[PDB]
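In the model that follows, one finds acetazolamide.
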Amino acid sequence: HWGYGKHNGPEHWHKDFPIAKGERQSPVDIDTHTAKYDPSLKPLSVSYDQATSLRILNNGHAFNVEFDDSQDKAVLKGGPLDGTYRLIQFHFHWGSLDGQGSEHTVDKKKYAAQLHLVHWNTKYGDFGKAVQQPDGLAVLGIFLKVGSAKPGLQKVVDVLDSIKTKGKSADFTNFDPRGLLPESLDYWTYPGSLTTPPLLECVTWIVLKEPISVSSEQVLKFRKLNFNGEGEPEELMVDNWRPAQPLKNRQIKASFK
Ligand SMILES: CC(=O)Nc1nnc(S(N)(=O)=O)s1
Ligand SMILES: [Zn+2]
């Protein structure tokens, strides 16, 4: 079905998901000079101290770490959000080289990878209903640049061997997502969509200004993953990112000046 190759890549997605050419598609390029500082925007409130990770899984497009979202144990609120959003999973998008990999870009600059922490608005009851609403999800986006190792990402890096191919999964408990956060929580925000099919326009994007750095050896491990299932020809999982989409009639607000 869909993927990131030339025959099923992002340029082909519109044929099965017409909304690919919609009005609030993601990702986008963040032009730092036309972004509007908005002093009425509140600080983000990330409460991940009760977070419960359960499993890590290679879904053939990326790898996801899933959390128990049966109760308000890891939530996001504040910022441009109203209500509570529960963390359901986080995943990454990365490139084949260090100069590409992120989905969002800042003044056209691409980062080595991009981490997405996905949350759904609890007023909707479950994830499936939330994706059907304009204010259903809140995704926290964090850029990764190659530099020094991120201690808090190593646990994730070491388990990849066990989920090398599509469909593989592994128990992944007691992982603390707080170890992936940059020091500052300043951000840009705009209304957008999921960056993979079905590309629903149900997301309030919150992109952090400050990147976290990971080491070259850490990102290398990501690139060893496979898109294919076991027993199939090896297709390295790299460049699983969608290019920037037209901003159209949207404004990017910044929480800092
Ligand atoms: C279960 C789930 O989170 N679905 C998603 N699909 N694309 C997403 S992204 N790239 O916009 O964060 S999240
Ligand atoms: Zn994503």
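Numbering of chain A is taken from the PDB entry, so the residues present carry the numbers 4-125, 127-261, in order. In what follows, every heavy atom counts, from backbone to side chain, and hydrogens, waters and symmetry copies are set aside. Every number for a ligand or one of its atoms is a count from 1 in the order of the listing.
All copies of acetazolamide taken together correspond to ligand 1.
Counting heavy-atom pairs under 4.5 Å, the chain with the most contacts to acetazolamide is listed in the PDB entry as carbonic anhydrase II. The 4.0 Å heavy-atom shell around acetazolamide contains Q92, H94, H96, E106, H119, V121, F131, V143, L198, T199, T200, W209. Considering backbone and side-chain atoms together, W209 places no N or O closer than 3.5 Å to any N or O of acetazolamide.
At distances under 4.0 Å from acetazolamide, the other ligands and ions found are ligand 2 (zinc ion). Within acetazolamide, the atoms closer than 4.0 Å to a non-hydrogen atom of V121 are 3 (O), 12 (O), 13 (S), numbered from 1 in the order shown.
With a cut-off of 4.0 Å on heavy-atom distance, the UniProt-listed substrate-binding residues of chain A close to acetazolamide are: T199, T200. The source field of the entry for chain A reads Homo sapiens. The deposited structure shows no covalent link between acetazolamide and a chain. Shown in contact with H119 at under 4.0 Å from a heavy atom are these atoms of acetazolamide, numbered in order with element: 9 (S), 10 (N), 12 (O). For chain A, the UniProt Zn(2+)-binding residues having a heavy atom under 4.0 Å from acetazolamide consist of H94, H96, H119. The distance from acetazolamide to the heavy atoms of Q92 drops below 4.0 Å at these ligand atoms: 1 (C), 2 (C), 3 (O).
The region of chain A touching acetazolamide is mostly the UniProt domain Alpha-carbonic anhydrase. Counting only heavy atoms of the protein, atom 4 (N) of acetazolamide lies nearest to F131 CZ, 4.0 Å. Remark: minimum distance from atom 10 (N) of acetazolamide to any protein heavy atom is reached at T199 OG1, 2.5 Å. At the top of the distance list for atom 5 (C) of acetazolamide, counting protein heavy atoms only, stands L198 CD2, 4.1 Å.
Close approach of acetazolamide to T200 (heavy-atom distance below 4.0 Å) involves ligand atoms 6 (N), 7 (N). Measured between heavy atoms and rounded to 1 Å, the nearest UniProt active-site residue of chain A to acetazolamide is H64, 9 Å.
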